[PDB]
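The model presented next includes relebactam (bound form).
Position 1 is the first residue of the sequence; numbering continues from there. Just follow the structure's listing: the first ligand is 1, and inside any ligand the first atom is 1.
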Amino acid sequence: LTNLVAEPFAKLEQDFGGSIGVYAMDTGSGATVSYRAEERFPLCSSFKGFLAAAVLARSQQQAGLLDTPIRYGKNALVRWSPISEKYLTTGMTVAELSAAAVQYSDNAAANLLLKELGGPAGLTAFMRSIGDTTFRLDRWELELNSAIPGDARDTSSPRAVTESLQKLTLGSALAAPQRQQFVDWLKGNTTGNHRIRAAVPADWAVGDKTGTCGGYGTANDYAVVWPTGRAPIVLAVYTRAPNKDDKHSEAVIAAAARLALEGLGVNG
Ligand SMILES: *C(=O)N1C[C@H](NOS(=O)(=O)O)CC[C@H]1C(=O)NC1CCNCC1
């Protein structure tokens with residue numbers, strides 16, 4: 001049921017000047033679209049969705065966790081901390097940091113939550129616990145964005161991203177209340193309007209998390225999409241490119257998402 005219908009991903013990535021990796025799963029039939037799906041690509045900010053899921057998993061055993069107030073200093077506010085910079089003088093709860101990390105890609109929030117989990121290895125351990133043997137987080141914000149060709153640090157594959165996203169949003173890896181909270185955070189993302197969402201009809205529900213490393217044409221998005229009248233679709237689109245100064249493209253990600261939906265025979 002993989003690649004029943006071929007799609008022109010090679011031409012797409014050639015025009016982009018790099019590599020595109022796609023995995024998309026129709027959760028009704030199990031049909032998939034797959035292109036470079038087992039190659040590694042940098043996560044960039046996209047690890048933050050899985051980070052929030054890991055925090056939610058912890059919260060299943062710690063009923064006070066989400067409402068715990070976290071204080072932080074000015075040193076925590078690295079580049080791109082749009083929410084947490086507004087609450088420097090007050091603190092934020094763990095849930096608020098989680099929402100900020102997911103929905104605004106907030107970097108300080110992500111580092112504070114990583115600390116709660118025992119760092120990159122702690123998040124990696126959570127991913128292992130749900131059966132993801134591919135994912136690895138190695139570094140913190142901002143160092144994890146280096147996106148060096150061939151470097152496996154801070155990478156996963158489109159396939160493992162999709163598989164893990166499915167388990168967490170639709171499967172049983174989270175308890176039901178936490179599952180819905182994760183979905184709701186993804187649905188409220190603000191940074192993805194020009195990526196997978198651009199390929200998804202406005203009358204379908206969709207949650208996503210983006211990433212943009214800032215070098216080597218490296219950027220990404222993953223999403224869970226609920227078309228009306230049929231089962232949900234899970235998909236991941238990752239890019240990279242050979243040269244440090246190669247620029248990412250949001251349009252290329254949207255285009256790849258369109259091809260994936262077309263390959264699944266989902267009318268969009
Ligand atoms: C994540 O990859 N980020 C955080 C933020 N938005 O995330 S995104 O997925 O919407 O792109 C901005 C870019 C990126 C990030 O952390 N970039 C670093 C800081 C800015 N200098 C380049 C590396």
(request) Identify the macromolecule bound to relebactam (bound form) in this structure with the most contacts, using its name in the PDB entry. (result) Beta-lactamase
(message) Considering both backbone and side-chain atoms of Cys44, is one of its nitrogen or oxygen atoms within less than 3.5 Å of a nitrogen or oxygen in relebactam (bound form)?
(response) no
(request) Return the residue, atom name and 0.1 Å-rounded distance of the protein heavy atom closest to atom 8 (S) of relebactam (bound form). (result) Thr210 OG1, 3.4 Å
(request) Check each heavy atom of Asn107 against relebactam (bound form) and say whether those closer than 4.0 Å belong to the side chain, the backbone, both or neither. (result) side chain
(request) For relebactam (bound form), note which part of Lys48 has a heavy atom under 4.0 Å away: side chain, backbone, both or neither. (result) side chain
(request) Please give the covalent link of relebactam (bound form), as residue and atom, or none. (result) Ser45 OG
(request) Name every other-chain residue that has a non-hydrogen atom under 4.0 Å from relebactam (bound form). (result) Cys44, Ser45, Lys48, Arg79, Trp80, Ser105, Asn107, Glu141, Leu142, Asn145, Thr191, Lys209, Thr210, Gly211, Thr212, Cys213
